[PDB]
A.B. asks: 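What follows is a structure written as structure tokens; I'll ask about it next.
Quick note on labels: first sequence line is chain A, next is B, and so on, each numbered from 1. All ligand and atom numbering here is 1-based and tracks the order in the structure. Values below: every heavy atom of this structure, side chains too, minus hydrogens, waters and symmetry copies.
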Amino acid sequence: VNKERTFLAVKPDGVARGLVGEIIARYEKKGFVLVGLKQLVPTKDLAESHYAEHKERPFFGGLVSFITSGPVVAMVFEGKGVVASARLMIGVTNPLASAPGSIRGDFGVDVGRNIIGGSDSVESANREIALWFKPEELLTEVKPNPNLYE
Amino acid sequence: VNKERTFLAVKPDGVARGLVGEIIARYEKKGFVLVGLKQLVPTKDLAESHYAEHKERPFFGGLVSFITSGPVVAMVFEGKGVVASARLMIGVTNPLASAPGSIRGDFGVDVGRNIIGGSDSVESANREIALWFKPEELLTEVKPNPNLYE
Amino acid sequence: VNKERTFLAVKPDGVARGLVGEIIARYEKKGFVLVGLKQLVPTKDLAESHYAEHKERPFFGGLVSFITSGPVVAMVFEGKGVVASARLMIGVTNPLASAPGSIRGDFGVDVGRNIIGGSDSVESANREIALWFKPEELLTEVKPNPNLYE
Amino acid sequence: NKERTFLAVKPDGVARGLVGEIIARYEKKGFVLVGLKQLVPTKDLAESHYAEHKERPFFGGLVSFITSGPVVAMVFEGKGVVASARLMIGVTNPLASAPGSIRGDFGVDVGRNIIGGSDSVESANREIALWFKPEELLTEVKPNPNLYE
Amino acid sequence: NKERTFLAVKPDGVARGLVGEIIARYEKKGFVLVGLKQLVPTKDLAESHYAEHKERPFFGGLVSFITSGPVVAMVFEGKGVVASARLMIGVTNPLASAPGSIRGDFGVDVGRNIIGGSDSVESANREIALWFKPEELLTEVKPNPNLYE
Amino acid sequence: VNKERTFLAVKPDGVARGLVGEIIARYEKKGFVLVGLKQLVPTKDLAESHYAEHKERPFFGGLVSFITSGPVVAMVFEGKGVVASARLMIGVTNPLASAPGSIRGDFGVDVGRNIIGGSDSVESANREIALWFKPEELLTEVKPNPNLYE
Ligand SMILES: C[C@H](Cn1cnc2c(N)ncnc21)OCP(=O)(O)OP(=O)(O)OP(=O)(O)O
Ligand SMILES: C[C@H](Cn1cnc2c(N)ncnc21)OCP(=O)(O)OP(=O)(O)O
Ligand SMILES: C[C@H](Cn1cnc2c(N)ncnc21)OCP(=O)(O)OP(=O)(O)O
Ligand SMILES: C[C@H](Cn1cnc2c(N)ncnc21)OCP(=O)(O)OP(=O)(O)O
Ligand SMILES: C[C@H](Cn1cnc2c(N)ncnc21)OCP(=O)(O)OP(=O)(O)O
Ligand SMILES: C[C@H](Cn1cnc2c(N)ncnc21)OCP(=O)(O)OP(=O)(O)O
Ligand SMILES: [Mg+2]
Ligand SMILES: [Mg+2]
Ligand SMILES: [Mg+2]
Ligand SMILES: [Mg+2]
Ligand SMILES: [Mg+2]
Ligand SMILES: [Mg+2]
């Protein structure tokens, strides 16, 4: 449906490099609606829950340590196929292999400093949204631009 | 071969969302020359002729109704391989599947509100140009830049 | 009223330099609505009528010769105080004295190649619009955008 | 270098998709984002924020509009950020705002002015305390040697 | 239309990745690049560059900073390019520079004001001679009919 | 591996069309560090050495003649995988087949006027850097943004 939602986190590197506005603008221009937005410094608990699927992996510690190393801009966007579209707009895991035009393709070089990370699926998105945002922090009335949907 | 021409129409949704300038700029930056331009509200007969290839399709009535629902900005651009190039610059049928960097990839989310449409072939381009424009509305003297062509 | 209109002409230099889209986008982003648009090569009669106030000035011939020397993109924009606003967005007569941020301030260096010219008053706008466009080429209804106007 | 100001992207700015454009302008300028959140203001929050205009005829409509939809509240930090942020926005009448400024580039109606910033340090501190909780604001920052001497 | 000015994107401008942004602004304006190179300025070059301030206490600071890292030196040609380039940059204090100007859009501190241009034709000729060898400057340009009448 | 370097040349057409800043900005935004930069008019000897691999090609003369026909902006960028990344950011040989988002995809239409050319390998990059720049023209002290590499 056109009410699908995804969670996007502009990580510490993205925030430190002043790419917050650039990124938000790309999603606004696309037609997706911002239903949740806030800057915070993630706690270790939040970080470990966010990357829970990788808890047994060697790089787990580094992922958690980095996303908690500084301010992060957390956001939720709503729109048709937003989860898959947001991932396409970001690029692939490795910024160097991402095509120009994509966020990582235009601004990143390292996998561990890949600027932003979005939900990999609807299931993960619903899980992440509930983890990072309280219900009261999410819009309940969403009406995009009627020129966007048939 | 550098005199090839194609027909492009910023549809009602593209105009309503204020994307006319953005789109024209992309083609200008590319090196293509504007040889025809005008804003108009398509009539039903023009729309039905324009979309004649889908006259039997179930979504035909919808295509016609929408393209005639508001102002459209019709354009004709000239340049080497402009027909196929213009299509590549627009993206693919489904905006959600279009790569970032393309017009639809950057601004669209629904197939029925795909922002802009270009001729799919030289054959179609010549037909569409004659259908939407009068001879006197098209430049006869062009010759772009020596910086663009060998 | 919110239905005030002004006439803007991207002159041959602006068109040749590929600034048409850039210019249209600036006015679209501002909130003004395009109600008339077309590219044409002005006739001497049209040019002389357009610059009638300067009929007895030494530079009259030059203004006329230049605006008819190549394609021009004529447009009409509608919105509250659009006449004075469009002039402000363009800059002052001399591009070198125009502040960065304005069209001439950002793109021009010569008075005779000042890219674009807008109506200097509501009276001139109405005169110019009727001169460059036929009634059938102008949108009749626009309906105020709730996000732009009270 | 620790001065802070409160900026609110109004419902019209949010609805027109100008949030990113605006944040980018302040990031590019060199100011640091120390507070950020989207919310739909309540009547009380709106009236307190715009208390200085409470006696004016348009106050009712002003309050009704800012509470009509989502607003993106922000706090930016940097030397002279209060006056600088105002200069970047333009003047009260968007039509009189010079191109290059936010209102100059995007607005046409005084009642749909896109964004509003604190007019003084005193007002900024009041507004910041009104819209944000202490824990929602950064306490770090770390001076950037490329921005300040 | 042969007038020329010297522009130096200082270490802060280079470190902040604004070299392309700045060059693009002058290219779009219609001015022609007739000299360009990145270098790390030496003390003797810097002291001559800021000679008008040699008796002032901040002379040492201006010299130390412009020689602290990579600088992109450029020479642009065009009608009234000296005064125009200054207007495009803004005023000495970036906080007081209007949005739309380089310093107005990107700077916050006087000592980190990103770029500096010649203040007069006399200074431009003097500075161009100090920073560039004749062989590093274009001799063939040819006025663009779309920019000049 | 983060010290890898590549040679990029904005050819006469790219310079003449005013794309130098646009191009440099793209590489700056990506995170790569500018370690060498200068505008010059290549000599025949430099050109023939640069295109040595095509000495027996029928188009060799044309490549040499064009790159020496006007000012060129030569540059060297440093960063992880910069050689392959720079090529990807430029696009493919034929600008018409280059994807929107890439330099050639956004600005070119002719193979012979492809705007910019980058080293095709580390081997070629080191050869080209030594050919176009003296060691003293290249930075030895490099400090990329601290948020770019893990
Ligand atoms: C009152 C002002 C703009 N405004 C908003 N609505 C109106 C209206 N109907 N008539 C006149 N002015 C109006 O918005 C408040 P604000 O949003 O704070 O903008 P400002 O730039 O801070 O302006 P001020 O210093 O006066 O607070
Ligand atoms: C696990 C993934 C990539 N990754 C990030 N760091 C590492 C590492 N050290 N080893 C292997 N993989 C690594 O990072 C999480 P993420 O940055 O979210 O990438 P995604 O957007 O999910 O593709
Ligand atoms: C038939 C085509 C896309 N299309 C494909 N299927 C549909 C549908 N169900 N509703 C609306 N449009 C649809 O629309 C005409 P067009 O707008 O020209 O798109 P194109 O550039 O040709 O891909
Ligand atoms: C008369 C004015 C400027 N002008 C343009 N060319 C000349 C010239 N040769 N001598 C003196 N003035 C000149 O041009 C008309 P215009 O380009 O419309 O400027 P405006 O937007 O009306 O300020
Ligand atoms: C002297 C001027 C500003 N300035 C720069 N640093 C200082 C300082 N510490 N005290 C007083 N003035 C200072 O810097 C030279 P510049 O950066 O070239 O400014 P300009 O573009 O010439 O206006
Ligand atoms: C041989 C290749 C493209 N080319 C292919 N054929 C030609 C031709 N006839 N004229 C000019 N260039 C031609 O040009 C070298 P280059 O411009 O470096 O492209 P590259 O980035 O190496 O792919
Ligand atoms: Mg992930
Ligand atoms: Mg079609
Ligand atoms: Mg005039
Ligand atoms: Mg106020
Ligand atoms: Mg100075
Ligand atoms: Mg090559």
A.B. asks: List the drug name recorded for ligand 1.
C.D. replies: tenofovir diphosphate
A.B. asks: Which chain forms the largest contact interface with tenofovir diphosphate (ligand 1) when counted as heavy-atom pairs under 4.5 Å, and how does the PDB entry name it?
C.D. replies: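 Greatest contact count: Nucleoside diphosphate kinase, cytosolic.
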A.B. asks: I'd like to know the other chains touching tenofovir diphosphate (ligand 1) at heavy-atom distances under 4.0 Å, if you can.
C.D. replies: C, D
A.B. asks: Binding site of tenofovir diphosphate (ligand 1): which residues fall under 4.0 Å, heavy atoms only?
C.D. replies: C/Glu150, D/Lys10, D/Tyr50, D/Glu52, D/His53, D/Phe58, D/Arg86, D/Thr92, D/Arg103, D/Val110, D/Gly111, D/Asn113, D/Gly117
A.B. asks: Cross the UniProt ATP-binding annotation of chain D with the residues having a heavy atom under 4.0 Å from tenofovir diphosphate (ligand 1), and give the overlap.
C.D. replies: D/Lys10, D/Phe58, D/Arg86, D/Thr92, D/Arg103, D/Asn113
A.B. asks: So, anything else - ligands, ions - within less than 4.0 Å of tenofovir diphosphate (ligand 1)?
C.D. replies: ligand 10 (magnesium ion)
A.B. asks: If the cut-off is 4.0 Å to any non-hydrogen atom of D/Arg103, which atoms of tenofovir diphosphate (ligand 1) fall inside it?
C.D. replies: 19 (O), 20 (P), 21 (O)
A.B. asks: Students should be able to answer this: which protein heavy-atom is nearest to atom 25 (O) of tenofovir diphosphate (ligand 1), and at what distance?
C.D. replies: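 Scanning the protein heavy atoms, the shortest distance from atom 25 (O) of tenofovir diphosphate (ligand 1) goes to D/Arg86 NH2, 3.4 Å.
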A.B. asks: Specify the protein heavy atom at minimum distance from atom 11 (C) of tenofovir diphosphate (ligand 1): its residue, its atom name, and the distance to 0.1 Å.
C.D. replies: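 I find the closest protein heavy atom is D/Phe58 CE2, 3.7 Å.
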A.B. asks: Of all the non-hydrogen atoms in the protein, which one sits nearest to atom 23 (O) of tenofovir diphosphate (ligand 1), and at what distance?
C.D. replies: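 For atom 23 (O) of tenofovir diphosphate (ligand 1), the nearest protein heavy atom comes out as D/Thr92 OG1, 3.9 Å.
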A.B. asks: To which protein heavy atom is atom 5 (C) of tenofovir diphosphate (ligand 1) closest, and what is the distance rounded to 0.1 Å?
C.D. replies: D/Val110 O, 3.4 Å
A.B. asks: Among protein heavy atoms, which lies nearest atom 15 (C) of tenofovir diphosphate (ligand 1), and at what distance?
C.D. replies: D/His53 NE2, 3.6 Å
A.B. asks: Provide, to 0.1 Å, the distance between atom 14 (O) of tenofovir diphosphate (ligand 1) and the closest protein heavy atom, together with that atom's residue and name.
C.D. replies: D/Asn113 ND2, 3.8 Å
A.B. asks: Give the residue and atom name of whichever protein heavy atom lies nearest to atom 17 (O) of tenofovir diphosphate (ligand 1), and the separation in Å to one decimal.
C.D. replies: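 Ranked first by proximity to atom 17 (O) of tenofovir diphosphate (ligand 1) is D/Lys10 NZ, 2.6 Å.
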A.B. asks: Which residue and atom name correspond to the protein heavy atom nearest atom 18 (O) of tenofovir diphosphate (ligand 1), and how close is it?
C.D. replies: D/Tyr50 CE2, 3.8 Å
